Amino acid sequence: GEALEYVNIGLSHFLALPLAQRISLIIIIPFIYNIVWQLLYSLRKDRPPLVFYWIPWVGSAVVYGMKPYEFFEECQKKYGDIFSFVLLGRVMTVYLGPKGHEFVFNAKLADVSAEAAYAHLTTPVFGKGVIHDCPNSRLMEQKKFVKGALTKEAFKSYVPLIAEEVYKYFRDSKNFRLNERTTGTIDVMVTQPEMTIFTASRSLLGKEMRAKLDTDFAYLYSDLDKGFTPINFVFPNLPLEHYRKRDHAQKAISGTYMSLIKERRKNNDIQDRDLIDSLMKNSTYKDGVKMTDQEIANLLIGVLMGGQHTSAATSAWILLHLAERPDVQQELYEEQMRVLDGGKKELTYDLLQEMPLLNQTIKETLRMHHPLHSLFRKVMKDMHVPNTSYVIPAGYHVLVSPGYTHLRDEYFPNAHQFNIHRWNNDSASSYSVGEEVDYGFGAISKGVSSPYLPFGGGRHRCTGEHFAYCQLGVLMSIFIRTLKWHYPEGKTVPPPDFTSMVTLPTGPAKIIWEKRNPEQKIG
Ligand code: HEM
Ligand SMILES: C[C@@H](c1ncncc1F)[C@](O)(Cn1cncn1)c1ccc(F)cc1F
């Protein structure tokens, strides 16, 4: 009773402490509070173990962002395959391994949302109305629109254009100019992004859109390029300047696409050339709405942008791994001479399919260097993980990471050794190992239990797998037949830089190239 007066009294003296002790208690009450909250949380047996952190809110973000596969391995040894950690205000429950791939890539639409996790990151860059700034059902239909331009007949015609672009680059780039140099050094992280965007542009976007890249316009891609960073997860729209040249470039680049979209319909200049022709002819949803010309341009940005960063990272890794392995280059070259009749057969999408060792090299690189170490979903409903007393409460996030499983000896013997022969009689981009399902964009595998899942699975599954292998196929067939490359003295494979949007190599990652035929000229 008389004590009740003194909780009151003490509350008044609390308010009248010096700014030195108030400030410090501002930073000790929450620190001491979250340490004692965690301790209570670990007695909850319907929750997966939460890994201890000191700083509240920040959580474990520092070690997760820097070495996420080392973090995952350390957590796996302590608490098994399921565990939570807090990440800059959110709570992520990792499910490692194939049962984890299944728990997350085959989750019900009712249980998890990818849109809910990524809309803050994608929509500022791509524009609105597409990808994650729409309902999952719109997403499924957009993928059906894009995927309707990623056919075998499309792929037969992209191969001469892609190959033209590779040669034009060897001819004209300051990094090569093969008609004036026979040897040189390139930074793969400078060359590979440029090659990707040229080849992707010319093929999917058309010749006009490829043409604009030879000009100043190219910088808008570079400006747009920088708004695609995990920082948009914390400060999505933060009134600074790289946020404006980002948005400037979005408006600017989406304008060029609509200008072309609009003039093509004005002229009925609508053929089967590029994905711009395709999305024009076929972008009406199942309920009857057509995509606005701006929505078509923003899907263009998002598709080109995402495939840009994964494809460019992958050919970088193919070069860096091969730079160290002249025996694999020798092997890949023999297959080039055998399949292409010593160079006296033009490269075709068909002939690419007969090059298993090349396709096995892409396959193996993508095993060791998955471009997305972590995929996320926001949990919408309380989720129960079977064989288990755990519930993942709504508002948590689930995190699948097949790239970690990729690097496990459990599923890949000597997982840390680059070995393309681990895929003998198995050069497939991927393989639907049984029964299939359709979420709107075509029949894809129903199970998602494979330990090798470079293109994920389920509804959010990649619709650019076959394009990626095409691009990477021509690019690497031509690199192989034209150049030998090795590392500078002392140099080896760089470690991955996980902090960016894709695990790309820690730069600079340089290789010395030599012409196989010094006296050869590109016409
Ligand atoms: C080496 C190349 C690529 C790799 C390794 C890769 C990997 C992936 C993965 C793992 C996902 C699943 C995302 C998630 O589950 O959260 C995905 C989604 C997707 N990717 Fe790719 N990707 C590649 C290239 C491309 C290209 C070139 C395109 C376009 C031509 C593309 C378009 C898409 C689309 C449209 C989705 C659907 C996302 C969704 O439905 O939520 N990707 N990709
Ligand atoms: C959202 C994005 C992503 N980026 C980084 N970490 C996780 C991610 F989910 C991604 O899934 C990645 N991606 C897959 N293939 C190409 N890019 C994506 C999907 C569709 C798209 F049109 C553009 C795009 F970037």
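We number chain A the way the PDB entry does; in order, the residues shown are 9-531. When a ligand or atom number is given, it counts from 1 through the structure's own listing order. Just so you know, these numbers use all the heavy atoms, side chains as well, and skip hydrogens, waters and symmetry mates.
- Choosing among belzutifan, voriconazole, cilastatin, spectinomycin, one finds at ligand 2 the drug voriconazole.
- The chain sharing the greatest contact count with voriconazole is, according to the PDB entry, Lanosterol 14-alpha demethylase.
- Within 4.0 Å of voriconazole on heavy-atom distance sit the residues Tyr126, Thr130, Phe134, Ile139, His140, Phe236, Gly310, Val311, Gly314, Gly315, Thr318, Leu380, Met509.
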